[PDB]
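Pictured: Sulfotransferase, co-complexed with hycanthone.
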Amino acid sequence: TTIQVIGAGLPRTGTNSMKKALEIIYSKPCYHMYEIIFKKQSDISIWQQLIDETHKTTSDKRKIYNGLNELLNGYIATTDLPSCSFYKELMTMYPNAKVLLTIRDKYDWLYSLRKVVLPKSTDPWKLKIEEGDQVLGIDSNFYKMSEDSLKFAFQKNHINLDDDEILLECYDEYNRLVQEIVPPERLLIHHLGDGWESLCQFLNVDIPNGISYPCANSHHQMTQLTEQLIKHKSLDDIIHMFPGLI
Ligand SMILES: Nc1ncnc2c1ncn2[C@@H]1O[C@H](COP(=O)(O)O)[C@@H](OP(=O)(O)O)[C@H]1O
Ligand SMILES: CCN(CC)CCNc1ccc(CO)c2sc3ccccc3c(=O)c12
């Protein structure tokens, strides 16, 4: 098993649905931030080391390739942060892998991002998200790795993450840069709602018969997840309320 598809889309662009769609197509696992959170929190420090490497005057690209290869062993595809920030390195490692860019309206994206993964520091909802996440074992080391991967994707050392104007411009620039860097023949831009047809044609497979394209990980469900984690203090006690997520 080797990487066949590199997902370059940012969080809140349908990455979890795309992860599930690729798992349906290939019958093998796809990487996602939820793999780290729910299955392999030991990966956090490894990702942090690779992101740290990118800051050096000369990044040891072979150290990065080797670390990515180890992290992705057993997976057929990648989506989401932190992996999407390494899409160029993955393209070099896997010259036959195709690239997907999941994308959506930038204002819809910003609202989703602020509600679920990156609230403003002045938003009281941030404390609720953090309290729920603590139930999952998430701590400051996870948030540092995730923020660092986002800053790496946006190519910035210093960025005011609390400024919506900055985030909107970074989102547009990131998506533009993917389209400039990946040759069009190697890239599929998949807009929220596009479903199976373009994806299956791009990957040389048939449309899965009787299986609908996934629609996972809505902000409504995520807000409920935070609320129920806070209320019950146990993932296992609430997982029956959240089918089709992990
Ligand atoms: N098949 C589909 N059709 C429409 N929206 C979808 C979808 N699959 C996922 N989404 C939306 O993609 C976002 C989740 O992305 P990610 O998995 O990258 O975090 C959520 O947006 P909202 O927060 O606006 O509901 C979710 O509703
Ligand atoms: C109930 C919600 N909880 C658990 C699911 C959110 C857990 N947190 C995250 C989950 C998924 C993703 C990307 O998919 C990110 S990305 C990011 C990027 C920058 C800073 C933080 C984050 C971040 O904290 C996060």
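By the PDB entry numbering, chain A shows 21-266, in order. Counting convention: from 1, in listed order, for ligands and their atoms alike. Heavy-atom basis, side chains included; hydrogens, waters and symmetry copies ignored.
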Which chain letters or ligand numbers go with hycanthone?
ligand 2
Nearest non-hydrogen contact with atom 22 (C) of hycanthone (ligand 2) belongs to which option: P102, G152, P139, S166?
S166
How far is atom 2 (C) of hycanthone (ligand 2) from the closest protein heavy atom, and which atom is that?
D153 OD1, 3.8 Å
Just to be sure I read this right, does hycanthone (ligand 2) sit under 4.0 Å from the backbone of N36, its side chain, both, or neither, counting only heavy atoms?
neither
Tell me the organism the entry assigns to chain A.
Schistosoma haematobium
Tell me the protein heavy atom at minimum distance from atom 10 (C) of hycanthone (ligand 2), and give that distance in Å.
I57 CD1, 3.6 Å
